[PDB]
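Within every chain, numbering begins at 1; the chains are lettered A, B, ... in the order of the sequence lines, protein sequences first and strands thereafter. Non-standard residue? Parent letter or X, and its extra atoms don't count. Contacts here are counted within a displayed part of the entry, not across the full deposit.
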Amino acid sequence: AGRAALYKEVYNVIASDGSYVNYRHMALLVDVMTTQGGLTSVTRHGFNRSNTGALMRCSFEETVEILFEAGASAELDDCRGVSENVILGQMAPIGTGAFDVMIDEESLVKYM
Amino acid sequence: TXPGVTXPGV
Amino acid sequence: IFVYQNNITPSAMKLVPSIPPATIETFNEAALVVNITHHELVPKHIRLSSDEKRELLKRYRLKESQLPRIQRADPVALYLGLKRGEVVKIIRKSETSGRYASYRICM
Amino acid sequence: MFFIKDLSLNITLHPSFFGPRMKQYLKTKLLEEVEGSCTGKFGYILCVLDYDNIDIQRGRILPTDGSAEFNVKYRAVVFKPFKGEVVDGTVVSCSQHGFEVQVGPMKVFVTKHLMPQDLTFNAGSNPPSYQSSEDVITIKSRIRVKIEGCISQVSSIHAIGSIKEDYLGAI
Amino acid sequence: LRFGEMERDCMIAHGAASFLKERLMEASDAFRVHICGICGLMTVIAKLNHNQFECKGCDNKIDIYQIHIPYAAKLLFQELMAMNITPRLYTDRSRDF
Amino acid sequence: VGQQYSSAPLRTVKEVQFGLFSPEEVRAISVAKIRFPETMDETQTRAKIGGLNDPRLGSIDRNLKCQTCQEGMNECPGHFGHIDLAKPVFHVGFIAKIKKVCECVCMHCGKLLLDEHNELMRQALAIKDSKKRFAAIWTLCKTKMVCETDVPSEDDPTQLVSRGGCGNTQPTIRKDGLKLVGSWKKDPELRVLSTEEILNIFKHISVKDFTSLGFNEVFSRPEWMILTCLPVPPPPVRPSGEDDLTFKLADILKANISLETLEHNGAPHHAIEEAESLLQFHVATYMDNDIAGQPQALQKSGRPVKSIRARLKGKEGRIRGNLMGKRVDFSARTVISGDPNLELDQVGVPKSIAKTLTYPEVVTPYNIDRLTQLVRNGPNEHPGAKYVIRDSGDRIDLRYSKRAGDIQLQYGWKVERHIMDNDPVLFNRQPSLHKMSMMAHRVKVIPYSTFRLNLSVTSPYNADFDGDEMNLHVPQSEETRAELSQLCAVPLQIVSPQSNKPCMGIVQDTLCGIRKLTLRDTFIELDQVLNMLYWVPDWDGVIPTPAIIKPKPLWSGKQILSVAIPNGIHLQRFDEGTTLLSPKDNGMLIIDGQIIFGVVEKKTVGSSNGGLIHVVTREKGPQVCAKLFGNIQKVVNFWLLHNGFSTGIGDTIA
Amino acid sequence: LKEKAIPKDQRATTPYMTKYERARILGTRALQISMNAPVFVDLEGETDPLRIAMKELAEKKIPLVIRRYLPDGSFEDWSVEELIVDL
Amino acid sequence: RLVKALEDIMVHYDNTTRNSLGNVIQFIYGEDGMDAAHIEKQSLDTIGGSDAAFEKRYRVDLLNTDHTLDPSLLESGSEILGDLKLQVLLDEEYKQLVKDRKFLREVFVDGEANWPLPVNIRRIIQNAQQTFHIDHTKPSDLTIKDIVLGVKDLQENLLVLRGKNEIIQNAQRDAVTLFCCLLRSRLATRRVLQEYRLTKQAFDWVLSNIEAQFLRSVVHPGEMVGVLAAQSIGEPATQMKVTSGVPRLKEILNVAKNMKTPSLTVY
Amino acid sequence: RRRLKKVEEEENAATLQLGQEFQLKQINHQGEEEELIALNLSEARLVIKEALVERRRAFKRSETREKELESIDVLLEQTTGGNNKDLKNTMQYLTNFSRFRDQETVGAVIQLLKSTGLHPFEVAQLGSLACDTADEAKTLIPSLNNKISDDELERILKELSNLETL
DNA sequence: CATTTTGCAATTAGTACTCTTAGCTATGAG
RNA sequence: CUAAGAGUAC
DNA sequence: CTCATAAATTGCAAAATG
Ligand SMILES: [Mg+2]
Ligand SMILES: [Zn+2]
Ligand SMILES: [Zn+2]
Ligand SMILES: [Zn+2]
């Protein structure tokens, strides 16, 4: 019910000035904000506190503190986020990178 | 805390 | 289920968790005047069995933490008597598709 | 001693190399790199078993490179020396410091400190050899040696052997 | 010209990951740095012409890897190590997803 | 030439493991111990051995290779040194954490206060994530001030079970600046907890205790939070007048030498304490100069010293200023002007910018001739080439290479050439609030000094022509080029996922013109009809039968505009009060690509859902929609040019 | 790897090539053509590597497979030949 | 802030919407798995109108006269009347339409009939009409059994999730239920035979086009829906008794205990 | 695990710590676990010969010591190319110190040593070293101490010496 | 058993252009 | 060269 | 005479009592 109320609030904000945004965008926003069981705010004290990787948590706010806490806690960052691969300069597993392109020798031979 | 993030306390 | 008028003394809360499998749940009469589950905002909550939870995690390849969370203090969670680890199925009247089924794990 | 073990090698193929003979190229390039090679982790590697159908898998195009990274898995026959192992061999050279014995593909250097006091070097003989009261160790002579110390190097594995123990020497 | 944060975000929304990587690595700063598999630090002395890689302390010379990271990233990791934080870089998965 | 070949295997970072440096690890990885605070030797022409700029950490001059790796400044990552501190000091970033840990473990026996015998410890240790475990353990053990050498039995509170507790009483620990002072209950005893004793008590913490606290056996033990061997970043980290970190390290070394000499030569305890506090302050301001309460370590010029934390945090820090967003090559920026004679997906590129921004095209048997001709043309005329990268990594600049003669190109080389027509280029107007504000356009080289873009495509960019500037990024590979053309192309972005409706439309003059063109009164004679028909590039070549045949052949505006609309489009919108007959000519009915009736205006050709743009792009495709944009703009702009539209003061008069 | 690889007989993903899959296939194939890869289709005079890749994909003559990673780490191998390019 | 919060959300190959940790945000994107750019506003005819109007529009009876059909509508117009099998088919089809009417009235309390759905059926019907030259006077070549079986098969062919187990099949039905309601609302036997007058080949072509368009409107795995949503919410914010606009957006994203204008609604 | 640095006991054949990756059970390329088999000199020679003749036949479609050495040299030169110095040395070492001739005898030896139910490393060493008595075998291979009875080892080495030919 | 009360700093649209100034001051001593 | 500052464009 | 140093969010542990 909190998620439904949050979506209604966001939709009223969007529709106050007459603009229209598709349902699924606001639905994604409110589902991200309430996927933890409570209203996770879009703030350094909100989404940035979830254990989602130090390298992407620090990219938003409180960088050095996040690095210190990760070092103290020996956190293992799996480099699944976009910000981790952006920092490390490697193709993020998004869009064109959400998969791997490989080669079929049998098909290549079957062509000729 | 701090400030920020007095003390505690004071 | 224990239903109280106003409050419970702190010295009584400590002995509320009895020997298992007996579980005691406290509810306030004031908080039980209106049934929250009949609200149009509140979707349909259905507790899943252990077999259903296992099948869910098998089919969606999920782990325990990768499910959406529902606190083991939410009014609906208290209502249906959820214990930690039990997954509820949420039936919602979506506006892009007629029906949407979500699953929330109790934490 | 001789074993057979699972090994995996990462080969990178250029875009111009993808033709109907890609499997042949991968099979040949696995050879000439590991056949008869030596590494510190697994000792010597002599040959590859089951060449009929070696597991090559799919390969993977490196992004922005185009070169494909195949992880070829194979069965390789290896000769890893181990500490305190008795093995036969052939003497091929002798010197003041000791003598070299040919064990498989490797040469084990038995130092002069690790022979009985009766055995002594003799350079007067042509070729020089090791002469004792009951036996003589010369070139192309069978000898049993126990390895007691090994240092792990990659390009050339080295072992330390001895014949000081009972029933060690020329057969 | 600055390829700012929200430009990167727009390229993420477009889903073009390789173009974003090209923007942030080839077009700006691509730095090849060596690490060892034992300790993920960049403390690997490299002698490329002599073909000798060695991380002191770990006593290893064949357990080395090279990675392509932005020089800004290398400098960040160096400033982290200089501030008593070890950003060990590992090239294999020690845990399942 | 880049970086020379390396035989080390190439992998991509999969898991980044954090932790803390062990002092023995710092001693092992360091290649040169730093002992003297000076940077240069007495000759001032070489880097002092044993100083902060030891050549074993990396050469400071281009002409000199790094003494350790025998490589130049282009290749050397820079190797750390180590300063062996005279006495242990707190890590400024971990002080609070250190406090919490020393608030959880007995300060004499070095064991955790409350083992599993306590009631809530089972629940506390049952927590999975390390941070929440530590939070619970701290908030439960912070109010316990006794080691509890004997505790009541878990079975029943009758007998006493003795654990490995020394029975002392833990103090209340506060922080006074950079030090922690403990007040023991008076049998209060207030004394400064020396870093040596805290390090000792941390080294006594059992493996189980601190791994329950959230630390790790291998990567981060609690006793590593106290500094004893400070790493020294190489001059690459602090390039040189010297950098601020160089001065801070010089101050740290000076304080360390002062304390060491006072220790060795013997000194009063007060002077030793003062030297220790100065060392702690210098270390803390080296790692964090924004410590609340304490004054900032001012630099020799009178300004605050740039600490490492200051170098990392902020918009201009490493993360946000150099990693999340960084300055990139192969980009241009200039003023933008409208051009009704450009396609929707086309962008006008000044000849100079095209001559500057370059694309590397790999030499292929299919493009040997044209790239060879570009190489022959050189970089001072357009089209041309600017560089040739050989298979050996050597670069040939077309300037100063004509003396050597013509270049015989070989397959597999690269020709880095001027961006030519139909090159997919990312085009952006900042702030760039959404993905449509960054779209792939096709290059059309123009002989003037401004970017030129279609009037419609300004709507997604929110771009005017009153001095706006826009950015142009050129992909440098076939892969980025291809995904840019196939995912970020302007036609593919016509319909926005933002509101499931087209984001572009007919705007400004054209829109006004089209309203004037589709009125019932608008009739067009034969000659103007012929011109307007020819102005549609994909006109099928047949003149429509005029709406009026006698006594004078007149085409209506709707008839001519229907040529622009692709064949097979049905649209039917009913405005307020319209009937199947249109007394007001409002509404819109288009049948098989012919406008049956209705004035064409913003509701039809504008960026509205269900309009002509949406229907055309959903039925025929994005390419046909872009073609429709071009055709409509061309015909309507020609008609308005030859009809004219003005406004004056009289238009504001009633 | 055997546990990860979902067998071809029970792949549960869409048989239609996604826009990202097509974009990366075209990019990779155009890059290989630019680096002198063999061509399996007859050429009608085309010289752009991108349009060469498009013509190869039109008649499904690209010798690559997509390895679609599920969130759990398991992957499905869809050969470009059996993927249907609809968009 | 919005972009950073939503930067790691992605639609994975199992159609779930998961972040960098693998946590499921949505078990299917947008709760229907549809790409946003392929969504158009369309009218649900079942929900609108009166009970008498709904009966006149959809109810078909082969045994009475109030809701009978004109025999000239289709080829076998004088043969179907008095039948029992096809009467059973129409009875279940009308019962399904009544169920859809009740369902849609439950989904939308206000009864709004125009909602965004993936495939625009009206445009496909018009395309078939203009391609096959429907003359509106010739009796239709179609048969009722063809129409009913074709609609049911088309509903079975709209696959969002390709899995092969009960949970995935239930999720697929939940994902396509509203579009199937729209499809039944448009492709009713009464409406197909009388209002649109589709022929046999025209009906087959309409079914094929609807299937193709629906399969084309399914969201693409790997779509960065998180950044898309963040930007699609932030861009209208720049164009911007109770607080609204940017201050209210700030009050919502920064979930604040105290807000300027807390108002409560009581019915 | 990913423990940085590594402390390990020294490799020792007598202690039977062949290595962390030289353990008894190893996961094969098919994903299942198989025992770490150790090939004796004659068995290893026969395995190498089988592999080389398989390669020769694949390329074609696509006893006394002197004659055997000539045949193996010809086959090695025909099958493979270069970098075979180590392979040649190992092959001549195996042919010179060849304890068995053909497949039947090595199969009998391996099945007998399997019936003894002993470690593959130990049985391969027994098949490799040409021991005579029991205490001699015990002092040659320390790993056999307090593992097998004296009489059984003596008699099985008696049959192994009996199976020695040429 | 029940309240109860208190003191404040860090972080917070994008890019992009031009120009101007300044880099421990003064005093001791070899 | 770096840092600080001022003014300015959209 | 010239180098070296003097808006709005958060995030609570005390200390006192009857
Ligand atoms: Mg402007
Ligand atoms: Zn290391
Ligand atoms: Zn160096
Ligand atoms: Zn104690």
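- Among bivalirudin, actinomycin D, lanreotide, oxytocin, vasopressin, the compound found at chain B is actinomycin D.
- By contact count, the main macromolecule holding actinomycin D (chain B) here is known in the PDB entry as TS(template strand).
- Other chains with one or more heavy atoms under 4.5 Å from any atom of actinomycin D (chain B): F, J, L.
- The PDB entry assigns DNA chain L the name NTS(non-template strand).
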